[PDB]
4 protein chains.
Amino acid sequence: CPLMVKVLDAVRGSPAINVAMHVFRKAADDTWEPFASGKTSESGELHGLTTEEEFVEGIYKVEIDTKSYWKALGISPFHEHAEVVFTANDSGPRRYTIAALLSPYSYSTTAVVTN
Amino acid sequence: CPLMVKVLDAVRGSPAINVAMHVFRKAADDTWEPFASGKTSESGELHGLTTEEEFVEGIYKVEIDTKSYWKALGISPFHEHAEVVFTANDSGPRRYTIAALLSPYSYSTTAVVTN
Amino acid sequence: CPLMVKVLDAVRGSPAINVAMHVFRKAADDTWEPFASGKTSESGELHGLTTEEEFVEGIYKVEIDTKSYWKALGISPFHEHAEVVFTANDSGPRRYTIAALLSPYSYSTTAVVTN
Amino acid sequence: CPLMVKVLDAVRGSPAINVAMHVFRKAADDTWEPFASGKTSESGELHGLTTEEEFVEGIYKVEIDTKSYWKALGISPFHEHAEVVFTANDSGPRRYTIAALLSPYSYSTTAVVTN
Ligand SMILES: Cc1nc(Nc2ncc(C(=O)Nc3c(C)cccc3Cl)s2)cc(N2CCN(CCO)CC2)n1
Ligand SMILES: Cc1nc(Nc2ncc(C(=O)Nc3c(C)cccc3Cl)s2)cc(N2CCN(CCO)CC2)n1
């Protein structure tokens, strides 16, 4: 599994469950093409987005729908979504774990890249 | 000044100086119209992006060129840029400060919304 | 002002106002000697903690009473306090700004060290 | 396993391996008594610190030796250590995952608490 995303809720101290996200890949014409999508599990994780064969070199964007998450909890947040844009597999295949920590007016994101 | 951006460097413990960013406003056709841009000062701040009259409600995107910043320091970064996407809403006199804390493989962003 | 503290609230998107904190200096017997204290202002800042003459090299601890802050807002917090422990070192004229971003189950802290 | 700690390196985008930490519990005389200690594995995780029976109600402090970690990588960091102080099991047994994200001049910590 070369691309996993983990989302945490900093207000409740819990995984962020049922968080939708869409992954896009930059096409040769500079447009964002849809690549994969899903929602986080009870553990706040989203696995199985892609495979090593499909996950070629490129610029990828993960758009995490944080706004819908907060609204469902009764909170009007600042951000429309959290966005994570990165070049992947530029030096050969890697495994990427994208983590996001969510608050109503703030978010942090980090990446762990393993060979 | 209805919109200010402050950028900090978590590796050097300093303001992030000379960081370029562009601000976009979402158009009716769902495309990003360039709105304002600049580079952070020696204090890591960028002021004078817009005026109260021009800064109407809508969806705005601040795209911070973090990749060029880390490249200038000789440090290999993860992200292509840091993106802050938010809805501006008229609820009394509001001033927006977008703060961003930068590390090579991570970034955090917060909004301070005051009167 | 060789030492300033700025505290932000990631739930409300605002400075964290009226947050009490104590600063300690580590003594030879490895105990924490009270050094300075105060409460953050309406801008979430606390100035005037020490002077250049008094702020000698050593190990310092800033203990931020985040628990009382969240209790005042009716929000159940995780941490008893936020602690920032650091060595102050004389390498040219240096001013320290300790920034802290608060959520109920998370906090981040950064140091901005300038001349 | 009721207490686990996970540490990430935001400069390298990797687990923070071989990070020492000590856990203390506040005694009835208001002193910090040693409770458990260990170092993070190749995955940046520390498991097996305690058991449900031993991990009684109390105020606990996790002191993560971040300074030694950065110095071994050739970096002189700001903080002496990262400190996480919290009341545990106040409403009955819980499982606590403490996460820390490390940069030379900044750290963030969060907690996931599960029943
Ligand atoms: C050193 C400094 N820091 C400022 N503000 C902030 N510092 C840090 C911020 C912040 O949130 N950090 C952060 C953290 C800690 C964790 C995760 C993510 C993040 Cl992003 S916000 C403002 C400031 N000023 C000087 C005085 N000017 C007078 C104008 O009248 C005002 C502006 N100087
Ligand atoms: C690299 C990695 N990180 C994991 N957990 C966390 N990553 C980051 C965490 C976190 O909170 N970051 C953070 C952020 C984002 C901001 C501020 C502050 C912080 Cl601290 S917590 C889990 C994990 N797994 C690999 C796949 N395994 C099998 C599938 O279940 C087990 C899970 N891999």
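Chain labels are A, B, C, ... in exactly the order the sequence lines appear. Going by the PDB entry, the residues shown for chain A are 10-124, listed in order. Numbering of chain B is taken from the PDB entry, so the residues present carry the numbers 10-124, in order. Using the numbering of the PDB entry, the residues shown for chain C are 10-124, in order. The numbering of chain D matches the PDB entry: 10-124, in order. First listed ligand is number 1; within each ligand, the first listed atom is number 1. For this deposited structure, the header notes the method as X-ray crystallography, 1.7 Å. Quick note: numbers below take in every heavy atom, side chains included, and nothing from hydrogens, waters or symmetry partners.
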> If you look at ligand 1, which of mifepristone, etrumadenant, dasatinib would you identify there?
Replying inline: dasatinib
> Of all chains near dasatinib (ligand 1), which one has the greatest contact count, and what is it called in the PDB entry?
Replying inline: Transthyretin
> Which other chains sit close to dasatinib (ligand 1), with any heavy atom less than 4.0 Å away?
Replying inline: B, C
>> Under 4.0 Å from atom 32 (C) of dasatinib (ligand 1), is there at least one protein heavy atom?
In response: yes
> B:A109 heavy atoms, cut-off 4.0 Å: which dasatinib (ligand 1) atoms fall inside?
Replying inline: 20 (Cl)
> Under 3.5 Å, N or O to N or O, is B:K15 touching dasatinib (ligand 1) that way?
Replying inline: yes
>> Would you say atom 15 (C) of dasatinib (ligand 1) makes contact with the protein, given that contact here means a non-hydrogen protein atom less than 4.0 Å away?
In response: yes
> With a 4.0 Å cut-off, strictly under, does atom 22 (C) of dasatinib (ligand 1) pick up any protein heavy atom?
Replying inline: yes
>> Can you name the atoms of dasatinib (ligand 1), numbered from 1 with element, that are less than 4.0 Å from a heavy atom of C:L17?
In response: 9 (C), 10 (C), 11 (O), 21 (S)
>> Determine whether any protein heavy atom is located less than 4.0 Å from atom 29 (C) of dasatinib (ligand 1).
In response: no
>> Can you name the atoms of dasatinib (ligand 1), numbered from 1 with element, that are less than 4.0 Å from a heavy atom of C:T106?
In response: 1 (C)
> Hey, which atoms in dasatinib (ligand 1) end up nearer than 4.0 Å to a heavy atom of B:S117?
Replying inline: 17 (C), 18 (C)
Which N/O atoms of dasatinib (ligand 1) sit under 3.5 Å from a protein N/O, and at what distances?
unit_1	atom_1	unit_2	atom_2	d
dasatinib (ligand 1)	33 (N)	B:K15	NZ	3.0

